[PDB]
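Drug bound: (-)-galantamine. Macromolecule: acetylcholinesterase.
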Protein chains: 2
Amino acid sequence: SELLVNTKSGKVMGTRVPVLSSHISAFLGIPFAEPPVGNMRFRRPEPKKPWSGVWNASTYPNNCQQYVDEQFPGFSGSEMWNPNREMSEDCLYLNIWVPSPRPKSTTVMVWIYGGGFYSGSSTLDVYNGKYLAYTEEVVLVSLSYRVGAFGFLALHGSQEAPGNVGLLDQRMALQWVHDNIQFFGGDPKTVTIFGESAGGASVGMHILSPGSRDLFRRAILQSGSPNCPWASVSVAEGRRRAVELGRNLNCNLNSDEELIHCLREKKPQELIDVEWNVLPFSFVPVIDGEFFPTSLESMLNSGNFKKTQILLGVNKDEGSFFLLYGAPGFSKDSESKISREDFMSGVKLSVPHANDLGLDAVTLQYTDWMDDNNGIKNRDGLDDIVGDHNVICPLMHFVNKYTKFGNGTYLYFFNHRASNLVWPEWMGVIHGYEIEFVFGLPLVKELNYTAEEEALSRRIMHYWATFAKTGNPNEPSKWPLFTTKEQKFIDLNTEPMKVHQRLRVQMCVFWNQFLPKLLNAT
Amino acid sequence: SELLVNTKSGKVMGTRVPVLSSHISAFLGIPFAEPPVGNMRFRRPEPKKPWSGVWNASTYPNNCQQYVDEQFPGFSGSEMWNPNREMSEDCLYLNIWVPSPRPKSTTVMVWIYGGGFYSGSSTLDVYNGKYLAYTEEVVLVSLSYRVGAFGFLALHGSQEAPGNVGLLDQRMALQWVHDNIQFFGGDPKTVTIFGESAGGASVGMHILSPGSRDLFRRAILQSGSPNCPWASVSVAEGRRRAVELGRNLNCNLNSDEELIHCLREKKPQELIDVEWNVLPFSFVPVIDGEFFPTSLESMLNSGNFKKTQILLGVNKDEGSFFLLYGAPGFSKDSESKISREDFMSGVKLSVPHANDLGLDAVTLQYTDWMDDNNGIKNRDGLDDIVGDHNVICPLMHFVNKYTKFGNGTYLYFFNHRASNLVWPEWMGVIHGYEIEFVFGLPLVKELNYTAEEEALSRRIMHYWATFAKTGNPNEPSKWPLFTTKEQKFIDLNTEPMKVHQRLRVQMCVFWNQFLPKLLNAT
Ligand SMILES: COc1ccc2c3c1O[C@H]1C[C@@H](O)C=C[C@@]31CCN(C)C2
Ligand SMILES: COc1ccc2c3c1O[C@H]1C[C@@H](O)C=C[C@@]31CCN(C)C2
Ligand SMILES: *[C@@H]1O[C@H](CO)[C@@H](O)[C@H](O)[C@H]1NC(C)=O
Ligand SMILES: *[C@@H]1O[C@H](CO)[C@@H](O)[C@H](O)[C@H]1NC(C)=O
Ligand SMILES: *[C@@H]1O[C@H](CO)[C@@H](O)[C@H](O)[C@H]1NC(C)=O
Ligand SMILES: *[C@@H]1O[C@H](CO)[C@@H](O)[C@H](O)[C@H]1NC(C)=O
């Protein structure tokens, strides 16, 4: 049987699913770790103990515990990111889509979902892996990992809540793939890990961390990189927030044991309800000196990281999503013209760690002084501030550092605004919306994309799959390599390829070189 | 006799001169102070003691002792600024052009030459006042003042070398106009002081100084304002440089009297020969508490200054002249493309007072990062850096502070490049070159200007004279008033008058608000 597979942990029974009038093999909700419940919560995961019998793998597993977005109840644009399954701390499962018939030893791609390290699910409609596995003949895998406090509460020194366990969770699913993907037709020596946003930061963290390097071949980073300002914190800040979570829940704060034991008796929603109350994203990776030996910046300067090929990029409007959720004067229904009063508080809010001088620098850098009370210019400038600071420049800093040592870099700028996008037009090319093209949703007619969006999705997948199989997106019209001298990249849209150079250099020299120097002195 | 005039200090005999096939009276070399020689060097001017007989006022007087430029020996573009008469410490004289026949009580304009407070003469071909006195029916006066150590050596406390004596010479000449101009056909109640560069900074200093305010009605400032970074120093810096001048000349430094007496024994050229050796322009006005009661900034915020009408502005390329003379990579016979190494060192030199953070700031603010090695963009950026930091932005700050309390502001941007310029094209519309137009040299045919330049000149002159007589450059195509709201100004060129707003706001916010704050905090 094509559906019954035997693995080092037990037998598994997948199901047959239809894909664009053909079919493929799917193994859903396969366990890769021991449920991190009870005294396990907050701890490094442990491998799933082998089972007897046949594991039913014809359905999606639970989604990890996480804050659930209710800003726009029932709206499909927000709702598509929320758990579409029941939440549970018993959530460490992976999904595999295998082409039918089973390939001898084909290319594997492991998907790592985003959600700011506080949310996310492997089971979203946008991460349905059948179209990619099917269309490109790849074995497609989506893992899961604990988010929020459950995955990142960090009490450095403690072994009961060491920090970075959602990351170790990711590493264990990768190890599982390394150990078992072969029984599915996948080639363990050819695995590409790829993710978007918090997941893209994840990929880059596994490129860094010595203990993950050998568990994959190549990496793809979408709108996220390891060095993002919101992707990690110091052991100090991690400890401080862990204690503050305790304080908020009436926990004896005498010792880490005291604290941790209190947190372990609390029901899930109880941690989730107070999660936001500890900020100066609450629980994120910690630069511990273990998963990450030294500072991210020093590892990058020394070349202390996996040297391989990478494919990465950003979307045109990385910041509009967050402006709509956290800044004054933005609305899902209005054009969102921003007055100068709002613009100003909007920058105070986008560079949370900056002083007055720093704020003046940002302000002056994104204000047209001939037309300072223009609402569109202020809206769009705040969008760029958020996107440049949080996603784009940190990524360009990483792309430049890595290329000095890597074995091949491919950079992209995705600027296509889907024709069926349910979000307001002023939001442009939104953070997260290149994903539906990566996963081939445009190939399904009921979804109503245009003929060119299908064409766009098809070359995006073929670039991705080809890159996964060979280290180069092109089969022997060319996407050029990104070199520290030339710095080329392509646009990704329906129109014909255009090669450009130095993606957002001006603004990124400001964020990467200049602003940090300014905050240092002051 | 029309040429024989009797004044409060003695009879004076002028001469009839030709002007565009006609004639007018000229009274050249009239003494307004006692020769500041011997024990008088560095002291405040003393009024000229009355004489008997008739003073011969038919020729130009001596030029004050100053550094002479011979970077381009024989070259007309640099020599037109050098002394065209013998140099002597006996140089406190003034010149008057009176329309023929003699007006009953017409508008008076007093020219104050520039030259960075270390040079300048009233007798230059470009300041010939006959064309303007003639064409606009005004009585035109050019005064003189001591420059270099002779006029600005400051040892505050001392009364032998109090500093600011060159400003007081200007004030003595203004006082003399007040008391005598009526006998020449001039209206002492309708005098406009006007000058360029250091002379424009001078006019502004007389607007601030309580003791000069009543000696004129209105003011015109061309390419300079009181608050320019190179236009004044503190008493400490003044003293520091005074002592350092003595040191280079082996002087007793035990006390000011010892020093001054030594400084008074050295011949003129000896002081000049070591004038530059004291810079961390050497001797300029001092914020002494007397000529200027408080800081220039505090006087401008409190409105502690003469309230009247002002007409002022800048040229398109204020900085090319100083780049030709002091920066690496510039030449008069080359297109002067600037390497990246030279651009760097060039900003270091342009903003002498800034730390490394300030320098990075300036560099970033003026570098196109997608074409940083373009030689021409580097030349032009350095040009704008010098021009914006030393002339334009200081002036815009002045303009905005003054309009808050003034009684009428008329702003201009002169961007016409003379058809007959002997300086290279890359230098554009140079510092000082709008003067030939203000003085009507485009009206003399052998000078080989075009006819739309003769026309430009005529309207500039008419605007200047009309403004001098009424406080408005337009006789009832209009030059709008500059208001703190609309911030309107006009271009001054051969094409039809265009009205713009916010002259170089973008860069000026950087120079006037952001960089000062950056530096104050670091
Ligand atoms: C910085 O990354 C994020 C922080 C918060 C959120 C998202 C993020 O990435 C977005 C797109 C996708 O990665 C998943 C979640 C996001 C969209 C859904 N919500 C509600 C919140
Ligand atoms: C900042 O002002 C100046 C500093 C130095 C010089 C000049 C300045 O203004 C220029 C134009 C005019 O005002 C007189 C002298 C200048 C041109 C001639 N030389 C050689 C030097
Ligand atoms: C696996 O569980 C699903 C959920 O109800 C069910 O549809 C399927 O038949 C099960 N497989 C078997 C035969 O156990
Ligand atoms: C990748 O590595 C091989 C040697 O291991 C090298 O020859 C090749 O040039 C590298 N490719 C790139 C694009 O750096
Ligand atoms: C005035 O001085 C000039 C120049 O020295 C001389 O030529 C002229 O004749 C003098 N006029 C009188 C009347 O002294
Ligand atoms: C100048 O001041 C007078 C008051 O003395 C006032 O009537 C006039 O409107 C003012 N003009 C301007 C342009 O400020």
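All chains are named by letter (A, B, ...) in the order of the sequence lines, taking the proteins before the strands, and each is independently numbered beginning at 1. Ligands are counted one by one from 1 in listed order, and the atoms in each one are counted from 1 as well.
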**Prompt:** In what form does the model contain (-)-galantamine: which ligands or which chains?
**Reply:** ligands 1 and 2
**Prompt:** What other chains come closer than 4.0 Å to (-)-galantamine (ligand 1) by at least one heavy atom?
**Reply:** A
**Item:** Nearest non-hydrogen protein atom, atom 15 (C) of (-)-galantamine (ligand 1)
**Value:** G115(A) CA, 3.6 Å
**Check: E196(A) N/O within less than 3.5 Å of (-)-galantamine (ligand 1) N/O** = yes
**Message:** Considering both backbone and side-chain atoms of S197(A), is one of its nitrogen or oxygen atoms within less than 3.5 Å of a nitrogen or oxygen in (-)-galantamine (ligand 1)?
**Reply:** yes
**Asked** In chain A, which UniProt active-site residue has the smallest heavy-atom distance to (-)-galantamine (ligand 1), and what is that distance rounded to 1 Å?
**Response** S197(A), 3 Å
**Asked** Would you say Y113(A) touches (-)-galantamine (ligand 1), if touching means a heavy atom closer than 4.0 Å?
**Response** no
**Message:** Help me out: what species does this PDB entry assign to chain A?
**Reply:** Torpedo californica
**Request:** Enumerate the residues contacting (-)-galantamine (ligand 1) with a heavy-atom distance under 4.0 Å.
**Result:** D69(A), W81(A), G114(A), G115(A), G116(A), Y118(A), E196(A), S197(A), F281(A), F322(A), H431(A)
Output block, N or O contacts of (-)-galantamine (ligand 1), threshold 3.5 Å exclusive:
| from | atom 1 | to | atom 2 | distance (Å) |
| --- | --- | --- | --- | --- |
| (-)-galantamine (ligand 1) | 2 (O) | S197(A) | OG | 3.1 |
| (-)-galantamine (ligand 1) | 9 (O) | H431(A) | NE2 | 3.4 |
| (-)-galantamine (ligand 1) | 13 (O) | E196(A) | OE1 | 2.7 |

